Amino acid sequence: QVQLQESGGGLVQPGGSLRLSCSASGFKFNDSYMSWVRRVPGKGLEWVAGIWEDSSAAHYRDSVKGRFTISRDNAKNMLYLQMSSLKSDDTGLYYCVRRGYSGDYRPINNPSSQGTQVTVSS
Amino acid sequence: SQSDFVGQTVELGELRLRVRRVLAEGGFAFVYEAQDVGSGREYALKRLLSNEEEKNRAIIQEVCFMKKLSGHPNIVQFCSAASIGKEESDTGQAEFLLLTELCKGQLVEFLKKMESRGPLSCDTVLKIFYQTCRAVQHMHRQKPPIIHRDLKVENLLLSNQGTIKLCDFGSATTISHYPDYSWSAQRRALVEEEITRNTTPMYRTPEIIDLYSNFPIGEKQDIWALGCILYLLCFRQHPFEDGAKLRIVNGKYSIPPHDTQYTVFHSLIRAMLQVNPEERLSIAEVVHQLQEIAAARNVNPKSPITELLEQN
Ligand SMILES: COc1cc2ncnc(Nc3ccc(F)c(Cl)c3)c2cc1OCCCN1CCOCC1
């Protein structure tokens with residue numbers, strides 16, 4: 001029974017900074033690859049960033065490299081995504097899912113959680 | 001053994017793959033989920049362990065077919081392959097690795113988890129079947145034409161984009177058979193046994209069951225299989241589920257007389273399930289008619305099936 005719950009998103013003008021969090025339960029968080037995904041209106045779902053089990057490896061898509069930072073806490077089964085220098089394309093409904101992606105940044109696991117809204121505009 | 005392969009690291013080209021879990025078991029090969037430690041990209045990894053050259057030579061042609069079918073939006077994408085001798089392998093068997101792109105999973109397992117919602121719309125069936133046929137068409141366009149011979153819903157995958165993709169090509173071939181009266185009875189028996197192995201019992205065509213009718217065993221095999229699939233998507237059940245040879249040879253099946261939901265597909269089913277392969281519609285004729293239906297229904301059949309995509 002994989003269950004996830006995201007929070008920490010809101011409305012912030014371009015250039016701002018947000019910090020997303022996610023509590024996980026129902027599976028063994030310590031031995032699983034975790035990822036952040038977002039749902040942009042008009043485009044669909046796309047993979048954003050991912051992190052290995054023991055944080056020995058972190059991956060980011062081209063449009064967020066050096067701008068977003070992913071991290072985890074296996075002790076509390078938490079997953080964090082630090083966003084900064086936000087653009088208009090960063091606007092979307094952010095989820096956290098298990099495993100990575102395939103092809104052109106296309107997530108493996110579809111989000112069953114509610115997600116957290118991130119809106120970027122003046 | 002092929003169960004201890006999980007949690008290991010495989011090197012293919014510039015990729016370092018971590019074996020995550022088992023996707024499918026086989027008596028010859030297992031399919032695993034493999035993730036790259038440098039990119040985070042996921043793949044599907046089939047691992048064949050056998051000393052039989054028949055199976056080893058078969059998976060080689062399986063690779064060549066995929067490399068040629070590459071680039072198509074309705075066919076799984078080949079990435080890499082590797083050969084491992086009996087000596088380097090731990091199981092004492094020759095090892096072969098087949099690496100493709102990772103999808104959401106099989107179409108079948110998403111369908112049963114959505115039966116709770118109710119019956120499938122005529123549109124969703126139209127989307128699934130069209131994208132299925134567009135993949136078969138791409139196969140029948142190749143030179144020489146590639147025949148799947150193992151078309152079934154279990155071989156249909158739901159991509160991460162939300163589209164249908166074909167996966168297994170172990171039974172695929174470009175060889176056609178043209179039996180006449182110059183054929184001996186034993187040759188007919190020998191050819192039949194060979195083709196029978198690579199086919200699913202209830203999906204076996206009339207021309208491969210009765211080899212004294214001088215029916216050509218070519219690309220029209222896939223058409224008959226598609227007719228079984230379309231029937232299987234509307235009425236959920238297989239037209240020849242019992243697999244009785246007498247029913248397949250004589251082409252005896254029944255369409256639900258009180259159907260009022262999938263009536264549009266009645267003409268296509270009857271036209272694809274013809275006993276004589278010479279009378280069955282070509283893949284182009286099937287696709288063409290599917291496009292007319294989608295136009296009259298205001299539906300883009302190439303668009304992703306979002307209802308199955310958001311299924312968990
Ligand atoms: C994430 O799900 C899949 C993605 C896949 N992506 C690509 N190919 C698959 N199968 C496959 C089929 C034929 C082949 F020759 C090769 Cl190399 C691979 C795949 C099979 C997959 O799983 C199929 C069986 C679903 N299992 C059922 C048991 O519980 C876990 C889900």
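Labels below follow one simple rule: chain letters A, B, ... track the order of the sequence lines, proteins then strands, and each chain is numbered from 1. All heavy atoms count here, side chains included; hydrogens, waters and symmetry mates do not. This deposition comes from X-ray crystallography, 2.8 Å. Order of listing sets the numbers, starting from 1, for every ligand and every atom in it.
- Of the chains near ligand 1, the one making the most contacts is recorded in UniProt as Cyclin-G-associated kinase.
- Of the listed drugs (gefitinib, nimodipine, tirofiban, seladelpar), the one at ligand 1 is gefitinib.
- Those other chains that come under 4.0 Å from gefitinib (ligand 1), heavy atoms only, are B.
- In this structure, the binding site of gefitinib (ligand 1) at 4.0 Å (heavy atoms) is formed by B:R21, B:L23, B:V31, B:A44, B:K46, B:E62, B:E101, B:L102, B:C103, B:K104, B:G105, B:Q106, B:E109, B:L157, B:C167, B:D168.
- Organism of origin for chain B, per the PDB: Homo sapiens.
- Mapped onto UniProt domains, the residues of chain B touching gefitinib (ligand 1) mostly lie in Protein kinase.
- The UniProt active-site residue of chain B having the smallest heavy-atom distance to gefitinib (ligand 1), to 1 Å, is B:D150, 9 Å.
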